[PDB]
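A short write-up of the structure that comes next.
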Amino acid sequence: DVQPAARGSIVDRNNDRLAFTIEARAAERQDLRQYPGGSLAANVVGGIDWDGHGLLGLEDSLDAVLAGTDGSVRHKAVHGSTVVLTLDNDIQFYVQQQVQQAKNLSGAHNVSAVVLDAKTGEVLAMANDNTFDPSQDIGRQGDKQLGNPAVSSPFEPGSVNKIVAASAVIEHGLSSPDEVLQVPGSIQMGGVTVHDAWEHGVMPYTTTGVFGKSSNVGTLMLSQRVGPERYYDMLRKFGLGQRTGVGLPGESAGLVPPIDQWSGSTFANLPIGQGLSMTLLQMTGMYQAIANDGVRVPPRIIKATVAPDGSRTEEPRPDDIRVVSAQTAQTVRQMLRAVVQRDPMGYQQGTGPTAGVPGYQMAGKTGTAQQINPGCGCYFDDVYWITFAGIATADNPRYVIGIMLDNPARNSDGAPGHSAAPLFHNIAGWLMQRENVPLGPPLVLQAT
Ligand SMILES: *C(=O)[C@@H](NC(=O)/C(=N\OC(C)(C)C(=O)O)c1csc(N)n1)[C@H](C)NS(=O)(=O)O
Ligand SMILES: [Co+2]
Ligand SMILES: [Co+2]
Ligand SMILES: [Co+2]
């Protein structure tokens, strides 16, 4: 009497299957969900329940689309539609593996990474370490990561947030990349004392060098030209404090204190990435705006759905958001090339030279944010969130890559330090080679 609907599949942008159903027998008919890639993109895809409905992930949140509606006899069965993701399984597989060995090598508690298409903001890869296997019973996997931290778990960004100050000061014509500044080792601002991460007297850092060397003091001096109102407006245009609408369950909105509630010291903290929180996806989406010539396109992971007849409907594209002009975006991209620039004499070296890939205009920004100690409500001394966000490449943006490491003891490649730059190096370099992308003078970070 009951006419069962057949569950739809979940496939990547090229129709490579991530989840699909086969008929079997036991209540005799029994549909078996198949995950041919095992843990591959399981943070996104999710898993199935005993009744063949979604248990978590997209299997759950899109269950109505995937499950259809059982018929009867007449009411015809509406079979489940197929969900086409923006993911590229080849990119996802490489990124997910690289994230696992970044976690193992660095000693971090966890690692995650997001790759966006520069122009469209589509999610090409989204991965975390320790990803569970939905072909196995969830109850045996308490030691696994079952969720999707890239969207669910916000963090204080620290210096990766400096993209906002850089964009604001250029967009309003308050500085230029080659302006020679005078940057002291510390300043008193908003009642508090801000110090750079290295001891130094007044240094002739250029604006480029302020972001290339990650001078907090230089960032706040330039932010003082912008002012609180224009700065807060730029934060909002970059999408912070708001869910992206990416189409994934459990997305956090992050947290940004609205300006009418700022303390006297908020403005001394936000421009260097303290006092607010964002997800990895939000962080990566910020750099997508700059990659796409100033136009932020909210990321999406659902590309299309295919009805049981086989007719395909593309997902509606989100509306453009103009953050800065194309000219500003191009200037900020070029400036952030300084971060990955190497200099044997030290003087013109950025914070992340291992992120550079020779032959390509890689551009990005490092972050090292002190974590809050839950036992005191106060900052740890030696526990960090490490971030990197970059663009491949500055002259031809194709890929935007965001990475976060939860308190690594070492570099992402296992060398001493605390940097995610090597993981960006590996991923961005591999993306260039696999598409056979073809290969000026050194940027000045420090004047006389
Ligand atoms: C930016 O990320 C900048 N980091 C900081 O100023 C912060 N902490 O710096 C260290 C780790 C030196 C500290 O112990 O204070 C910071 C900002 S918000 C937060 N919770 N901590 C660094 C120096 N820039 S980077 O490019 O070198 O990463
Ligand atoms: Co009827
Ligand atoms: Co150390
Ligand atoms: Co290499």
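In what follows, residues are counted from 1 in the order of the sequence shown. Just follow the structure's listing: the first ligand is 1, and inside any ligand the first atom is 1. All values below were derived from every heavy atom in this structure, side-chain atoms included, with hydrogens, water molecules and symmetry-related copies excluded.
The name given to the drug at ligand 1 is aztreonam (open form). Here, the main chain in contact with aztreonam (open form, ligand 1) is recorded in UniProt as Penicillin-binding protein PbpB. Residue-level proximity to aztreonam (open form, ligand 1) for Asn216 is carried by the side chain, the only part with a heavy atom below 4.0 angstrom.
Considering only non-hydrogen atoms, atom 12 (C) of aztreonam (open form, ligand 1) lies nearest to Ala197 out of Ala421, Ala197, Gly367, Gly275. Structurally, the covalent attachment point of aztreonam (open form, ligand 1) is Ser159 OG.
Both the backbone and the side chain of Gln370 come within 4.0 Å of aztreonam (open form, ligand 1), judged by heavy-atom distances.
Polar contact with aztreonam (open form, ligand 1): absent for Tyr384 (N/O pair, distance under 3.5 Å). In this structure, atom 26 (O) of aztreonam (open form, ligand 1) lies nearest to the protein heavy atom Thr366 OG1, 2.6 Å. At 4.0 Å, heavy atom to atom, the residues around aztreonam (open form, ligand 1) are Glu156, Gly158, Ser159, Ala197, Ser214, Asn216, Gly273, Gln274, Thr351, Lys365, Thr366, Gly367, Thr368, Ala369, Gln370, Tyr379, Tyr384.
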